[PDB]
Student: 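Provided herewith is a single structure, encoded as structure tokens, for subsequent inquiry.
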2 protein chains.
Amino acid sequence: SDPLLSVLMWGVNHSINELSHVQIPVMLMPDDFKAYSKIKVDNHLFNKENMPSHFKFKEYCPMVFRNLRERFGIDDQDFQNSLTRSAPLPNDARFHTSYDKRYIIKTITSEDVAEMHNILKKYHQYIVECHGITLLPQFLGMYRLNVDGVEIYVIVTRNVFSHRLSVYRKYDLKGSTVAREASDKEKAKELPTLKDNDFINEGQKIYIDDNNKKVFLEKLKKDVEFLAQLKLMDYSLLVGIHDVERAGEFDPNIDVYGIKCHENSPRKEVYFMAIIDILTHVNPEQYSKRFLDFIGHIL
Amino acid sequence: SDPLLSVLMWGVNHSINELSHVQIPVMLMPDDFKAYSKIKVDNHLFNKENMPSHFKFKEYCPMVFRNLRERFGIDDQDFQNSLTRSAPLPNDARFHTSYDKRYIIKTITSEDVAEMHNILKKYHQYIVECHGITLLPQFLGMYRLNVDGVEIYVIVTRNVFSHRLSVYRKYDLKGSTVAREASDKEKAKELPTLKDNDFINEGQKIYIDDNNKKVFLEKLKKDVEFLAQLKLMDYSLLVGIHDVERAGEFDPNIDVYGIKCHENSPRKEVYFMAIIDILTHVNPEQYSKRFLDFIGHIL
Ligand SMILES: CC[C@@H]1C(=O)N(C)c2cnc(Nc3ccc(C(=O)NC4CCN(C)CC4)cc3OC)nc2N1C1CCCC1
Ligand SMILES: CC[C@@H]1C(=O)N(C)c2cnc(Nc3ccc(C(=O)NC4CCN(C)CC4)cc3OC)nc2N1C1CCCC1
């Protein structure tokens, strides 16, 4: 056990238990976007084996994230279990993934937390309008952890990749002018992280039918315009391919970002694509177009 | 809902959930008697309907009371349910009783808390030696509650009376020289609180067989010597009678203080007797003898 993780599991557990008692209305009030719950814990000569002795836990806008979870088809108990039944696994910007591979837990700066607060209402409204059908990150919770001296902020999102089906290739696409190539140290890992020019060079094709491709690009258009209108940029399209003839039917209700290949595909492939890395604030305007140009071409 | 109660239920719930994860050894260490766990909670614009916005909860020596509960045959989950499933009921020195009538919850002074800390180790050792078979109060938990401005201390004990069988008469016996009579305002309540001279005047007899009477007085002797040796005094014998031919078999494993009447008793009676009010610190020495003289006579 690493203390900051134990506090997170402890905290998510506590937070979801509290909410289970709250009466949940259909609507959020404007105050729900300014809300939080803090808990400070001090154990003197008690419970040394599991928890640290002195820790704080803060949940931002618990009602908003409760409402978002349900809008994204996530039940609070399942969300609880996925984060609590067993520890989240590391990858060390480092991230953790829930033991069941459903959720990602990433450390963010206080600046990112400030930007999240800044866009949360508009983000929530967007999710309402598109009925939760989007390629944007699905934000599920946001927390502050303190363990004697160290303060960190985390956000929780839905995993873009599958919780069963492995992924043998991964891309990260921005469609920028500034030459985007991968480095060689990455290449030597179980799954590297290829970039723009690796794609427009290793002759990578995505075999999805002309309907699936139409829906996707329509979504992508709306999402990216929303991102641009908030003056956000430097986001990527995360692309991940699962070869069936290596490890292939999936659950579209769990692996919500999956798209099957069309019938004429050279190999049985499942694609996982969504937008990631949205919280940084040449400009945002053309970045969106430049992003849309690129993806329209490569797909 | 009265806020201080909600905090207590909340707090007992939280505390028992924490312990459920702790590995419980057979032995307590000396540090366990100096231990505690504090939790401070701040909700900003959140959860107004159930909890107060700002409260603190402190549990003293959680390991000791965990150990005592089990020694008194109380399971932590049942204890939890009894205090949490529905609110405790008032009687307003005021007290509350769990909704299932199993437990008493009384407010105490910081001075009482200090005295409890002072005697807890010796008290625990006494419970070990008598294998939990005693007429002393069964202390099950001790807490501090804060709700914005107001700080209170509570202790939890097992109810001397039954959780089913009603009680139509109640005495409170010290066996003092100083004339002990009841007042008339008490008499007009559903169950008054009669005192020494009400007993040695209304010709009250306790019809228990000569064996039951032998065991009881032996216990009483040991208990009271223990109390005296801690320089404690001003405790009473709480006596409560249940007439079967008004409202009578009981569970000796729940109503642990009950004694059936012998076969020749004029009416079918069940007696509930135990020591109460021990935490005040002419002297303690003879008070014990004086107490023992009286009870030997009246029983
Ligand atoms: C909130 C961060 C952001 C985001 O916005 N969302 C929505 C997101 C959703 N899902 C994922 N999923 C994964 C993305 C990359 C990897 C990956 O690179 N895995 C390798 C596997 C082999 N080896 C152990 C080394 C690492 C694994 C993922 O989950 C299995 N990542 C997301 N990211 C990324 C993660 C942190 C920065 C970008
Ligand atoms: C920790 C306080 C102390 C103690 O040490 N123990 C062990 C204790 C264990 N059990 C009890 N039980 C009851 C004792 C008295 C009464 C009683 O007087 N009830 C009336 C009933 C009708 N009406 C609503 C008005 C009040 C009810 C009890 O439980 C049903 N009391 C105890 N007391 C006493 C309680 C506070 C001071 C003395």
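Residue numbers begin at 1 in each chain, while the letters A, B, ... track the order of the sequences. Each ligand, and each atom within it, is numbered from 1 in the order the structure gives. Basis for what follows: all heavy atoms, side chains included, without hydrogens, waters or symmetry-related copies. If you're wondering, the header gives X-ray crystallography, 2.6 Å.
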Student: Choose one of GDC-9545, BI 2536, BMS-214662 for the molecule at ligand 1.
Tutor: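 The correct choice is BI 2536.
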Student: Which macromolecule is the chief neighbour of BI 2536 (ligand 1) by contact count, per the PDB entry?
Tutor: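 Its main partner is Phosphatidylinositol 5-phosphate 4-kinase type-2 alpha.
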Student: Give the letters of all other chains with a heavy atom closer than 4.0 Å to BI 2536 (ligand 1).
Tutor: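 Going by non-hydrogen atoms, A.
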Student: A:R158 heavy atoms, cut-off 4.0 Å: which BI 2536 (ligand 1) atoms fall inside?
Tutor: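 Contacts of BI 2536 (ligand 1) toward A:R158, numbered from 1: 9 (C), 10 (N).
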Student: Help me out: which other ligands and ions are under 4.0 Å from BI 2536 (ligand 1)?
Tutor: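 Result: none.
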Student: What source species is reported for chain A in this deposit?
Tutor: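 The organism in the entry is Homo sapiens.
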Student: Tell me which one of A:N159, A:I276, A:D277, A:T157 gets a heavy atom nearest to atom 37 (C) of BI 2536 (ligand 1).
Tutor: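 Among A:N159, A:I276, A:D277, A:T157, the closest heavy atom to atom 37 (C) of BI 2536 (ligand 1) comes from A:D277.
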Student: Could you list the atoms of BI 2536 (ligand 1) found under 4.0 angstrom from a heavy atom of A:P137?
Tutor: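 This gives 5 (O), 7 (C) as the contact atoms.
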Student: As an exercise, identify every atom of BI 2536 (ligand 1) less than 4.0 angstrom from a heavy atom of A:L238.
Tutor: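 Close to A:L238: 14 (C).
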Student: Give the atoms of BI 2536 (ligand 1), by number and element, whose distance to some non-hydrogen atom of A:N91 is under 4.0 Å.
Tutor: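 Atoms satisfying the 4.0 Å criterion: 24 (C), 25 (C), 26 (C).
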Student: Heavy-atom pairs closer than 4.0 Å: do any link BI 2536 (ligand 1) to the side chain of A:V160, the backbone, both, or neither?
Tutor: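 The answer is both, backbone and side chain.
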Student: Would you happen to know the UniProt domain of chain A where most contacts with BI 2536 (ligand 1) sit?
Tutor: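 That would be UniProt domain pipk.
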Student: List the residues forming the binding site of BI 2536 (ligand 1), heavy atoms under 4.0 Å.
Tutor: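 Within 4.0 Å on heavy atoms: A:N91, A:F95, A:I104, A:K106, A:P137, A:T157, A:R158, A:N159, A:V160, A:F161, A:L238, A:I276, A:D277.
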